[PDB]
Enquirer: 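I'm reviewing an experimental structure with doripenem and have questions.
Lettering of chains proceeds alphabetically from A, tracking the sequence lines in order. Going by the PDB entry, the residues shown for chain A are 24-265, listed in order. Numbers in chain B track the PDB entry; the residues on display, in order, are 24-265. Indexing begins at 1, ligand by ligand and atom by atom, following the structure's order. If you're wondering, the header gives X-ray crystallography, 1.9 Å. Scope of the values below: all heavy atoms of this structure, side chains included, with no hydrogens, waters or symmetry mates.
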There are 2 protein chains.
Amino acid sequence: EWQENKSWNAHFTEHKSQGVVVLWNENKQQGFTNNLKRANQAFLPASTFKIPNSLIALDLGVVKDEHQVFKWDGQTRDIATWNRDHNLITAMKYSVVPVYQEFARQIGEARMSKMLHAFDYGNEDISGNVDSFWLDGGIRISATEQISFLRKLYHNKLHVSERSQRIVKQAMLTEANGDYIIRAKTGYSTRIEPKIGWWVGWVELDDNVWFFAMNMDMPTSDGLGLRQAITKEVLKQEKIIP
Amino acid sequence: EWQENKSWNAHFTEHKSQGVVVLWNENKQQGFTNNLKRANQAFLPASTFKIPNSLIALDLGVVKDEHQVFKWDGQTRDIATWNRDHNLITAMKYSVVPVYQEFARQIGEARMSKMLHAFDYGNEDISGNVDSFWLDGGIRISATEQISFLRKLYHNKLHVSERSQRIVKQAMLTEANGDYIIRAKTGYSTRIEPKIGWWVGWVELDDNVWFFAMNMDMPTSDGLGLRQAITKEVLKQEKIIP
Ligand SMILES: *C(=O)[C@@H]([C@@H]1NC(C(=O)O)=C(S[C@@H]2CN[C@H](CNS(N)(=O)=O)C2)[C@@H]1C)[C@@H](C)O
Ligand SMILES: C[C@@H](O)[C@@H](C=O)[C@@H]1NC(C(=O)O)=C(S[C@@H]2CN[C@H](CNS(N)(=O)=O)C2)[C@@H]1C
Ligand SMILES: C[C@@H](O)[C@H]1C(=O)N2C(C(=O)O)=C(S[C@@H]3CN[C@H](CNS(N)(=O)=O)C3)[C@H](C)[C@H]12
Ligand SMILES: C[C@@H](O)[C@H]1C(=O)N2C(C(=O)O)=C(S[C@@H]3CN[C@H](CNS(N)(=O)=O)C3)[C@H](C)[C@H]12
Ligand SMILES: [Ca+2]
Ligand SMILES: [Ca+2]
Ligand SMILES: [Ca+2]
Ligand SMILES: [Cl-]
Ligand SMILES: [Cl-]
Ligand SMILES: [Cl-]
Ligand SMILES: [Cl-]
């Protein structure tokens, strides 16, 4: 079903961290985690919500394609990379929240709810402000539920156009070399306790796909680099990446 | 305009090589090369023809998607890479000429010809064997012509479905990190003199795209790695990648 390999807890232990890593072997239809309980604990998605938000925007024509330019609104915000024009690729890369809050308002409460239900996304609850519910509203998703959603996206099985799903998977591209391709999205939920960081996505190999979703306790912005580092220690331990 | 930059030749001579690198700044609509004459010299495309071949195969339904398996059909025909199953992703990556021979036979010469004329691909000539003309037939393409073709592909402007162009560009993924994305294709022309190696594609930045096409004399297979090496040194020299 889902095997618990607690030897992964060493990688959180060394870095003085608490969290969960979940892997899914698509060929073998087998899942692995260091913590079955935390694997199914549901949290705010934070910026991991940029994946379904992007899909819905594209499917509804709110975003025409990955080249459409979203003008900086002229408000100088805290993250310098947000203070400029963006397309879908760079808004995903730099996790540009204002662009996605605009997407959400144009999508609207009713279409957003209907799509999240169509997606079976987390708890399907978008209570709160239409442009912030994934930050401080009622939506919740677990690491295992992220995998479930991502597997559909990978197979083009979500109830949106194939084109939307291909564009979003292009925009998720994070790293690629001769050994693997990673498509993924980070998140950091701070507006409601507990403060946690996310990394969800998958690793594409020649012959298989390994889906992953991790989250960890993140009191300060210090440990944000550990989201990718710990996941990759796990991947390396299992010899998924060289 | 086309600017000549002879200073790039230092990267060929230090490797006891001769060749041409062509770069195109999409934003500026400006091209750069070390050798204007060789930049326009037309050669057999060899494995770089996998780009138009895959596009046509997908557009015509010869290949259903990037997951369809092409089974090994017994033959252990010397090359080990061709001793296993493939899909479009892996067949682009590795030398598996029987798979692309099968595409071309199914496409057939009438539609192959029509498509290469619609692509304005090289000298638009498919004379020779329908299952090998890109290796030993009459088709020829120059580095500048590779750029013209790739630019259309990047803009989804070729006269095939948008979906087929998106899939081939996925299959072209070679390298990606926080600084750049490279989509590209190698080639090695040996069946007709002169023996040459190819590397064609583009570099996606946050705010621009740099297309490239290089070829270089390749008297033996031991210099194949110099295709990527020399191209990347020219990109680094120009500060396109760090
Ligand atoms: C297509 O041009 C040709 C393929 N393509 C290539 C190529 O390198 O572009 C080759 S090279 C052959 C297979 N891999 C060996 C080299 N390994 S490496 N890591 O690149 O040094 C030798 C092959 C000839 C088809 C049409 O034959
Ligand atoms: C709620 C939203 O504000 C939040 C929700 O995800 C946003 N999404 C993400 C994310 O994690 O993708 C970030 S990260 C941000 C960029 N610069 C700092 C990081 N420096 S480092 N090098 O990592 O220490 C913090 C935002 C805070
Ligand atoms: C070199 C290419 O061929 C790669 C590819 O593709 N490979 C697969 C795969 O197919 O998954 C793996 S993963 C690795 C093998 N098995 C271990 C755990 N398996 S297990 N019992 O935990 O499920 C991890 C390799 C990277 C190999
Ligand atoms: C930091 C990111 O935003 C990157 C991006 O995007 N950038 C562009 C671009 O926009 O091309 C470049 S390239 C570099 C600047 N100019 C030189 C050649 N100029 S020139 N006149 O010879 O063509 C090479 C940077 C990598 C920067
Ligand atoms: Ca449901
Ligand atoms: Ca050099
Ligand atoms: Ca033949
Ligand atoms: Cl967001
Ligand atoms: Cl499903
Ligand atoms: Cl070929
Ligand atoms: Cl991609």
Enquirer: Curious which chain letters or ligand numbers map to doripenem here.
Expert: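 In this structure, ligands 1, 2, 3 and 4.
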Enquirer: Which partner chain accounts for the most atom contacts with doripenem (ligand 3), named as in UniProt?
Expert: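 The chain with most contacts is Beta-lactamase OXA-48.
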Enquirer: Hey, which other chains get a heavy atom under 4.0 Å from doripenem (ligand 3)?
Expert: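 Chains with a heavy atom that near doripenem (ligand 3): A.
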Enquirer: Could you pull out the residues near doripenem (ligand 3) at 4.0 Å? Heavy atoms only, by chain and number.
Expert: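 By heavy-atom distance, that gives A:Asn48, A:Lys51, A:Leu228, A:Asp229, A:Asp230, A:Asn231, A:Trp233, A:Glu261, A:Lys262, A:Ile263.
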Enquirer: Identify the protein heavy atom lying closest to atom 10 (O) of doripenem (ligand 3), giving its residue, its atom name and the separation to 0.1 Å.
Expert: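 Looking only at protein heavy atoms, the one closest to atom 10 (O) of doripenem (ligand 3) is A:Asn231 CB, 3.4 Å.
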Enquirer: Which organism does the PDB entry associate with chain A as its source?
Expert: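 Source per PDB: Klebsiella pneumoniae.
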Enquirer: Can you report which non-hydrogen protein atom sits closest to atom 21 (N) of doripenem (ligand 3), along with the distance?
Expert: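 Answer for atom 21 (N) of doripenem (ligand 3): A:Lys51 CD, 4.4 Å.
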Enquirer: Can you pull out the closest protein heavy atom to atom 22 (O) of doripenem (ligand 3)? Residue, atom name and distance to 0.1 Å, please.
Expert: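 Protein heavy atom with the smallest distance to atom 22 (O) of doripenem (ligand 3): A:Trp233 CH2, 3.7 Å.
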Enquirer: For atom 2 (C) of doripenem (ligand 3), what's the nearest protein heavy-atom neighbour? Residue, atom name and distance, please.
Expert: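 Checked against all protein heavy atoms, atom 2 (C) of doripenem (ligand 3) sits closest to A:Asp230 OD2, 3.9 Å.
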Enquirer: What protein heavy atom sits nearest atom 12 (C) of doripenem (ligand 3), and how far off is it?
Expert: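 Going by distance alone, atom 12 (C) of doripenem (ligand 3) is nearest to A:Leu228 CD1, 3.7 Å.
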Enquirer: Tell me the protein heavy atom at minimum distance from atom 20 (S) of doripenem (ligand 3), and give that distance in Å.
Expert: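 The answer is A:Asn48 ND2, 4.1 Å.
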Enquirer: What residue-atom pair is the covalent partner of doripenem (ligand 3) as deposited?
Expert: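 Covalent partner: none.
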Enquirer: Establish whether atom 27 (C) of doripenem (ligand 3) and some protein heavy atom are separated by less than 4.0 angstrom.
Expert: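 Answer no: nothing from the protein, no heavy atom, is under 4.0 Å.
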Enquirer: Starting from atom 15 (C) of doripenem (ligand 3), find the nearest protein heavy-atom neighbour and note its residue, name and distance.
Expert: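 The closest one turns out to be A:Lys262 O, 4.7 Å.
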Enquirer: What residue and atom, counting heavy atoms only, is the protein's closest point to atom 18 (C) of doripenem (ligand 3), and at what distance?
Expert: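 Answer, as residue, atom name and distance: A:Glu261 O, 4.0 Å.
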Enquirer: Should you measure from each heavy atom of A:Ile263, which atoms of doripenem (ligand 3) turn up under 4.0 Å away?
Expert: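 Doripenem (ligand 3) atoms under the 4.0 Å threshold to A:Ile263: 26 (C).
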Enquirer: Quick check on atom 8 (C) of doripenem (ligand 3) - does any protein heavy atom sit closer than 4.0 Å to it?
Expert: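 Within 4.0 Å: yes, protein heavy atom nearby.
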Enquirer: Apart from doripenem (ligand 3) itself, which ligands or ions come within less than 4.0 Å of that drug?
Expert: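 Under 4.0 Å from doripenem (ligand 3), there are no others.
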Enquirer: Report all N/O contacts between doripenem (ligand 3) and the protein shorter than 3.5 Å as a table of atom names and distances to 0.1 Å; if there are none, say 'none'.
Expert:
unit_1: doripenem (ligand 3); atom_1: 3 (O); unit_2: A:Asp230; atom_2: OD2; d: 2.9
unit_1: doripenem (ligand 3); atom_1: 6 (O); unit_2: A:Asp230; atom_2: N; d: 3.0
unit_1: doripenem (ligand 3); atom_1: 6 (O); unit_2: A:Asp230; atom_2: OD2; d: 3.1
unit_1: doripenem (ligand 3); atom_1: 11 (O); unit_2: A:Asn231; atom_2: ND2; d: 2.9
unit_1: doripenem (ligand 3); atom_1: 23 (O); unit_2: A:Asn48; atom_2: ND2; d: 2.8

